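This file shows Cytochrome b complexed with atovaquone.
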Amino acid sequence: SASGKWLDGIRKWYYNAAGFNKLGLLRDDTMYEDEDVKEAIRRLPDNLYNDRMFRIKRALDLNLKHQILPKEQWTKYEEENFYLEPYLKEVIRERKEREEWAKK
Amino acid sequence: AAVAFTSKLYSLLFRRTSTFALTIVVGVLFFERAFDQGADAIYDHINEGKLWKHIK
Amino acid sequence: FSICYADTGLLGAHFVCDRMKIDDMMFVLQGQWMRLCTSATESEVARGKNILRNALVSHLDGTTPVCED
Amino acid sequence: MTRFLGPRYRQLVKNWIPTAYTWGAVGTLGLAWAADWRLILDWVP
Amino acid sequence: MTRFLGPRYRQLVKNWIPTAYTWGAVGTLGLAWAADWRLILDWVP
Amino acid sequence: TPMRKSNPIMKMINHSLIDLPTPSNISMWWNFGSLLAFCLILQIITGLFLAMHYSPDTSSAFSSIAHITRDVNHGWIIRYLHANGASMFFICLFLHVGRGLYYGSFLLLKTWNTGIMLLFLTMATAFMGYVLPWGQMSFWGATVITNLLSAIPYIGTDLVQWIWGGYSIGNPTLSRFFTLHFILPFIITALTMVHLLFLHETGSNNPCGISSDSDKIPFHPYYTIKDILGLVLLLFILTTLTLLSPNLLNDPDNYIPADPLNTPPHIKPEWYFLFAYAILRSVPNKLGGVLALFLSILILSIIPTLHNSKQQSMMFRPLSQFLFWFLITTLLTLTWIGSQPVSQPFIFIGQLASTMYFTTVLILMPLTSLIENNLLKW
Ligand SMILES: CCCCCCCCCCCCCCCCCC(=O)OC[C@H](COP(=O)([O-])OCC(O)COP(=O)([O-])OC[C@@H](COC(=O)CCCCCCCCCCCCCCCCC)OC(=O)CCCCCCCCCCCCCCCCC)OC(=O)CCCCCCCCCCCCCCCCC
Ligand SMILES: CCCCCCCCCCCCCCCCCC(=O)OC[C@H](COP(=O)([O-])OCC[N+](C)(C)C)OC(=O)CCCCCCCCCCCCCCCCC
Ligand SMILES: CCCCCCCCCCCCCCCCCC(=O)OC[C@H](COP(=O)([O-])OCC[N+](C)(C)C)OC(=O)CCCCCCCCCCCCCCCCC
Ligand SMILES: CCCCCCCC/C=C/CCCCCCCC(=O)OC[C@H](COP(=O)(O)OCCN)OC(=O)CCCCCCC/C=C/CCCCCCCC
Ligand SMILES: CCCCCCCC/C=C/CCCCCCCC(=O)OC[C@H](COP(=O)(O)OCCN)OC(=O)CCCCCCC/C=C/CCCCCCCC
Ligand code: HEM
Ligand code: HEM
Ligand SMILES: O=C1C(=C2CCC(c3ccc(Cl)cc3)CC2)C(O)=C(O)c2ccccc21
Ligand SMILES: O=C1C(O)=C([C@H]2CC[C@H](c3ccc(Cl)cc3)CC2)C(=O)c2ccccc21
């Protein structure tokens, strides 16, 4: 039903309003590094880790220079990669399992 | 080649830190007096006729 | 090292360090430079001249280095 | 001490004499300028 | 939280109840003795 | 090793402000802590001088200040500097708090809690200085603030009479105000050192809310010169306030000495307090009013607990930003209401502003954070 197109519409609006794409950043780059997120980052393979580090340094440099990327290079909503989500879900499952053991 | 003003200024005065410091104290001695005199002149001039120094 | 060209050159130093000891080493090197610029003395200069003499005469041993020179 | 009697120390002191009297000039003029010390400042044109 | 609902936590709380009410007695009597609180101290023979 | 690292005192200085790793990208909002420290130092110096001419006695306090401002050489400007420095101190304090609310730096729990302690201490100090001239406003301010403890149900009135040292406000209370106002700033100093000790274990947050360990620069020379620039600007503003327009923030009713038999018709505290006053004015019940007064500040301690967002900073969170600025306008509204008589329009407006302040901190922000999370699909 149409409701899918409608919700995706508002979601795209919110994404462009947030503006981390103007700095060349992915969504999974912008998470705060709590305990689980750090453990998920530990699990990444080397290529993803290095790409993430450079992207973040580049955003920091731009922010230092009160500037943004050219529009041609902004991250687009329809071709983004949630590279960290899978690892995070596993980390959280493991912690939940341990908790559940601890109450018996 | 071109003995230029700021280069002479660097080589004579600013190259050595002690002499830089000496230059600074010497400049402040004279700046203070010149600056005071100018300010007092302007002030006195803005409100002639109303200060008791001259009414005296 | 000194590396000479026709109208210019490079005059400096090169080193290898453990990652936790780069700062100290830079400090030591630049301190020696400042020392020579401000405080040199005759006794060390004499030693350096003798080292330089020995190098010059040691290099020119055998035909190849001489031809090259 | 008795250690610091010798040629190198004489040479080393001679190396720093000029800087020493320049810092002396700096300190003297600064003191005078700071305390409006007329004994010295009355001779400045 | 929702984590601390379960058997072990019930057992663990039961383990510490007595010490808890003993420290409560200590604090109450001390407060009263320290502030000469007549409301409690008038009942002490 | 260099001497920079040869020795505990020197090595602590070095880890503090020479070789400390700072973020490259922090903005002007991070200059206000150093300005706070500067202000504390200024206040202590000018206070130690004033102290040597002031009289903590109700029969000469007023006239001792007259003596300071008329006969002591340049005493007038020392007075002016003290009074205006307090105002600058609170300006910087408010801006300093607001930064941390916006950029999510409350997640440094120890630093945040020590900050709340410092806020409380500074307010106490400022108020106990405000009553020393013993003018007509000073007297009634004292009276109200010392009657506040009557609201404690079982022991309150006795606490009031034990702080007064008598049946009423009087000579024995002024010396207490002066001793406490003398000692508090130094406790503030010590706690500031603890505050920074806690900070340097983690390092500074930054505008983007993401980890900056890939782009750290040393504190010296960059932030040394940056903070020096900030200080120069603060001094320009302070001088213009001291010499060009000294009466801008001044209150005429404190140039009339104290009269225990008459309260003036129109009452108004110092500006950095108006908002609390408004809050206190808004509850038709004594105990409830005082409780609200204190909760208005104590509520900062549970902001870390109500945090739902995946991201730390508001830089990338627009709905959040909208609410933030609405909160700031509520506080402006309370400040404006505090200035007005206790009459019906302002009564009603103040009550709405108060309910919206607590509402916003406790309910609206948490819920907007959840909506935001859902819009980004996590
Ligand atoms: C008789 C008394 C005389 C007094 C004389 C006083 C003279 C003072 C001179 C001061 C000179 C300062 C120079 C500083 C240089 C520093 C350089 C630097 O690095 O700066 C970085 C710093 C910014 O830092 P940053 O790293 O970018 O980080 C900041 C943000 O994070 C960045 O985030 P962002 O990028 O998202 O933000 C972008 C944008 C964000 O934009 C917005 O948010 C939107 C704004 C829209 C505004 C639209 C117009 C207004 C609203 C209209 C709306 C419509 C109304 C409709 C009504 C309808 C009604 C029916 O913000 C800006 O760009 C802001 C720039 C402007 C800053 C202005 C600062 C004002 C200072 C005032 C001082 C007052 C006290 C003086 C002493 C008084 C003593 C009595 O500042 C600048 O870059 C600007 C420098 C230049 C500032 C000049 C200020 C001059 C002020 C003169 C005041 C004179 C009048 C005084 C009156 C007093 C009354 C009592
Ligand atoms: C006890 C009371 C009386 C004391 C009187 C004091 C007399 C001496 C005053 C000397 C003033 C000038 C000293 C300059 C030294 C510069 C050294 C340096 O590193 O400079 C380069 C540095 C760095 O420069 P740079 O890094 O751009 O490059 C320098 C490189 N060279 C040297 C090769 C050019 O510059 C500075 O940042 C120096 C800032 C100095 C600020 C001094 C403020 C004035 C304080 C003293 C005056 C007020 C006294 C009030 C007394 C009141 C009494 C009643
Ligand atoms: C806010 C004002 C009012 C406050 C009132 C306070 C009320 C509570 C007072 C309690 C006093 C007794 C506490 C004993 C705790 C002993 C714990 C412990 O480790 O003991 C073993 C330790 C070590 O013993 P040990 O090592 O030899 O062996 C212990 C081993 N077990 C336990 C197995 C036997 O003994 C001590 O060294 C304890 C010293 C305690 C000193 C307390 C001094 C009195 C201070 C409070 C009274 C004064 C209040 C003034 C108020 C004025 C108001 C106007
Ligand atoms: C009589 C009128 C007043 C006269 C005043 C004259 C003095 C004027 C001001 C002079 C300021 C000082 C300039 C020279 C400082 C030299 C410091 C020095 O040599 O020490 C550097 C070296 C640096 O350490 P490292 O990093 O380990 O070095 C390794 C290098 N590879 O040593 C140090 O650590 C610093 C030591 C500092 C010593 C400072 C001594 C100051 C003496 C001041 C005397 C003032 C007298 C005033 C008299 C007033 C009338 C009674
Ligand atoms: C003598 C009388 C004094 C009266 C009181 C004075 C203090 C109160 C002053 C209130 C007005 C302050 C206005 C400050 C300028 C606002 C400029 C502005 O909107 O800029 C927005 C711009 C947007 O940038 P980013 O989101 O980071 O992204 C950009 C990079 N791509 O900057 C910001 O949003 C930064 C906001 C930082 C916090 C500002 C806080 C201002 C108010 C603080 C004090 C308020 C009272 C106390 C609040 C806390 C109470 C518990
Ligand atoms: C006398 C009062 C205070 C002084 C002197 C002081 C001093 C400082 C200084 C110098 C810094 C260094 C970083 C910066 O300038 O931003 C700092 C950081 C900080 N202050 Fe304080 N402060 C005071 C009050 C407060 C208050 C009232 C709060 C909060 C309610 C607070 C919370 C913080 C936090 C969270 C940081 C670190 C935040 C970050 O780095 O992102 N401080 N403070
Ligand atoms: C955070 C530090 C301080 C703050 C916020 C502060 C604040 C104030 C304020 C607001 C006043 C009243 C101003 C007026 O009536 O016009 C005052 C007065 C006074 N303060 Fe300070 N003060 C501080 C530090 C000190 C210190 C350390 C002393 C040490 C003795 C001191 C001594 C005095 C004296 C003697 C007065 C009365 C003189 C007068 O009213 O002009 N102050 N203070
Ligand atoms: O200004 C400081 C700062 C400090 C600098 C030195 C200041 C200071 C104040 C008074 C004296 Cl007598 C000496 C130094 C205190 C604040 C400090 O510790 C930080 O960690 C920091 C981080 C980011 C941006 C600015 C800062
Ligand atoms: O009626 C008041 C009044 O209510 C206060 C109030 C303002 C808020 C103060 C306050 C107390 C605690 C905190 Cl955390 C903040 C502010 C307490 C005194 C005054 O300051 C005042 C001054 C002069 C005359 C009358 C009055």
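Every chain is numbered from 1, with letters handed out A, B, ... down the list of sequences. Atoms within a ligand are numbered from 1 in the order they appear, just like the ligands themselves. When reading the values below, keep in mind they use all heavy atoms of this one structure, side chains included, and skip hydrogens, waters and symmetry mates. This depiction is restricted to one part of the PDB entry, and every contact reported falls within that part.
- Counting every copy, the structure places atovaquone at ligands 8 and 9.
- Using a 4.0 Å cut-off on heavy atoms, the other chains next to atovaquone (ligand 9) are F.
- Neither the backbone nor the side chain of F:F139 has a heavy atom within less than 4.0 Å of atovaquone (ligand 9).
- Nearest to atom 16 (C) of atovaquone (ligand 9) among the protein's heavy atoms is F:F273 CD2, 3.5 Å.
- The shortest contact between atom 21 (C) of atovaquone (ligand 9) and any protein heavy atom is with F:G141 CA, 3.9 Å.
- Only side-chain heavy atoms of F:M123 come within less than 4.0 Å of atovaquone (ligand 9); its backbone N, CA, C and O stay farther off.
- For atom 18 (C) of atovaquone (ligand 9), the nearest non-hydrogen atom from the set F:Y277, F:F275, F:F127, F:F120 belongs to F:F127.
- The protein heavy-atom contact nearest to atom 6 (C) of atovaquone (ligand 9) is F:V144 CG1, 4.5 Å.
- Nearest protein heavy-atom neighbour of atom 14 (Cl) of atovaquone (ligand 9): F:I297 CD1, 3.3 Å.
- Around atom 24 (C) of atovaquone (ligand 9), the closest heavy atom drawn from F:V290, F:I145, F:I267 belongs to F:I267.
- Given atom 11 (C) of atovaquone (ligand 9), the protein heavy atom at minimum distance is F:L293 CD2, 4.2 Å.
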